[PDB]
Amino acid sequence: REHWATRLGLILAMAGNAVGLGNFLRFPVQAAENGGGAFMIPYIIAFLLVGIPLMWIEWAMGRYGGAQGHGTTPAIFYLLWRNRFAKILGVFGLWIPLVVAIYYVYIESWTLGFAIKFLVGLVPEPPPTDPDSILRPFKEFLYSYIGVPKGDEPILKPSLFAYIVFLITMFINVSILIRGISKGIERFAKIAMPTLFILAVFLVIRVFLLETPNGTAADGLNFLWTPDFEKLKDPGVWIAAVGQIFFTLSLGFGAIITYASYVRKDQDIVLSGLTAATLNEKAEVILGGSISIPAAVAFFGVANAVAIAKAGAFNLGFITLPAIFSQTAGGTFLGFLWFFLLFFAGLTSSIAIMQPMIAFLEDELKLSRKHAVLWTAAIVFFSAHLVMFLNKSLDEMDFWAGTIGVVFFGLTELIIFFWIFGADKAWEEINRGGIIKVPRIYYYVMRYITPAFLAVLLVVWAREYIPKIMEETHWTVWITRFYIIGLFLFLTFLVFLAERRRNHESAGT
Ligand SMILES: CCCCCCCCO[C@@H]1O[C@H](CO)[C@@H](O)[C@H](O)[C@H]1O
Ligand SMILES: CCCCCCCCO[C@@H]1O[C@H](CO)[C@@H](O)[C@H](O)[C@H]1O
Ligand SMILES: CCCCCCCCO[C@@H]1O[C@H](CO)[C@@H](O)[C@H](O)[C@H]1O
Ligand SMILES: CCCCCCCCO[C@@H]1O[C@H](CO)[C@@H](O)[C@H](O)[C@H]1O
Ligand SMILES: CNCCCN1c2ccccc2CCc2ccccc21
Ligand SMILES: CC(C)C[C@H](N)C(=O)O
Ligand SMILES: [Cl-]
Ligand code: NA
Ligand code: NA
């Protein structure tokens, strides 16, 4: 069994797991689209009532399972609840991270592609006034890279460069994962995190130096950090805030659990878990929130910045920011640093969502690390073609797996660990070996508050928001739904084979 060599490696690996594209690309959009400061209140509450408690729960379930040679939920859920059904529900712990990896790695490859082009200076050349004359060249740049449709058809035509970069991205992910936990994920985390931090701070510093006739970077911070209690009664903001919390902290993806399964039985998961969660939040609200938003508001003002965030989730990070940078000396290089930052941020997170499948193949099907990594890479690479060529396929996978799936799974793992397994056993398991104890009140939060909070959230969602996404979408969404449902059946079949394999082994022993 592989174990994290050092505590710093563990923290930086777990921090690398959480700190990713969600901090720098997703958070800014979610905040701006929901009133900025009006989004922060529910976000902070969601972090305290959902983020923190679930982080500890996943670290606990992981370490508990790893002690018995299991790093994924199909097996761990069964250990906590001896029921054939626990194995089915556990499949989501392999499905979610696999589906998310299918589109996450692709988006990650974009940042590598852009980074390369911006470094070499193969970027557009804007006409020397007029906002549209500045932004259009960059919009075209993105649209040509990923191949956005021009006609009436929902078909994408990625550039050859984009495709080749995706292959390289997969290769880089494999090169790290194939070396294992300590010599792969950990070695890399110790290099990537410090780099990521320096790049992020440098960018924040450069961004503040932005002052135009429309505003300053300070105006952006005020927008993001000014309370608006008139939206606290809006369910949509709460759904957005909770969704962001889950995504940014890697909760409900089965990633934290798998990583924690490599933590030694005696090791502290309380302080370690809290540190990883805190590092992510700092990287999100302080770093992530201080780059994109302040820069957009500085050049276009609050109103226009918000409109740009509402048009295309990728606008602000792949079109707007590099466009804004292009108007300053060394702006192309600054764009390179922005995309290089995103690449490392994503790379440290993509290896985390691919490890669960790898761990399952090693733990349950007894495959060698080499074979487990290559097969996982093959499944992701192949499946990724659907996201690369079918328009809005990405949007669909992100919803079922990265949005609904994670909240549902988060509630499932809590119920299984804190209700079925036992609230008092769970509590003991979480605190065992801890350098610090979990505050007493959190017992009540985990047992009553968190589950009730997520239960209400899921109910409202399925009533006033999801029916539209089941009756107001293009027919091609069914191609993606069909395929991801097939992935679930495939994983269920593997769980079944793992059962038959273990049974046969128990007879020979
Ligand atoms: C995975 C099973 C079959 C995959 C076939 C992939 C064929 C990719 O084909 C490539 O697509 C690129 C755009 O994405 C084009 O730019 C290339 O010219 C084209 O050769
Ligand atoms: C550097 C790591 C991967 C580099 C892949 C480069 C793929 C280049 O691909 C080429 O790009 C040219 C534009 O630059 C196009 O005009 C060509 O049609 C295209 O085939
Ligand atoms: C993902 C499920 C199916 C993916 C099918 C991808 C088929 C790619 O097909 C290729 O597309 C290229 C343009 O991108 C064309 O230039 C090639 O002639 C065509 O063969
Ligand atoms: C399914 C996910 C992506 C599918 C991309 C399909 C791109 C198809 O492209 C089409 O391929 C046909 C042959 O199959 C050709 O006869 C058409 O002329 C060509 O436009
Ligand atoms: C509305 N569709 C775009 C969905 C994808 N998306 C992702 C997903 C993974 C990593 C980054 C992002 C950045 C853009 C973004 C913003 C808000 C929700 C989802 C997303
Ligand atoms: C899916 C997770 C690994 C995503 C990561 N926590 C991020 O914020 O990008
Ligand atoms: Cl290109
Ligand atoms: Na994050
Ligand atoms: Na990361």
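Here chain A follows the PDB entry for its numbers: 5-132, 135-515, in order, are the residues you see. Atoms within a ligand are numbered from 1 in the order they appear, just like the ligands themselves. Note that these values count all heavy atoms, side chains included, but never hydrogens, waters or copies made by symmetry.
At ligand 5, of streptozotocin, tetracaine, gemfibrozil, desipramine, the drug present is desipramine. Most heavy-atom contacts to desipramine in this structure come from the chain listed in the PDB entry as Transporter. The organism reported in the entry as the source of chain A is Aquifex aeolicus. Neighbours of desipramine under 4.0 Å (other ligands and ions): none. Heavy atoms within 4.0 Å of desipramine belong to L25, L29, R30, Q34, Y107, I111, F253, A319, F320, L400, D401, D404.
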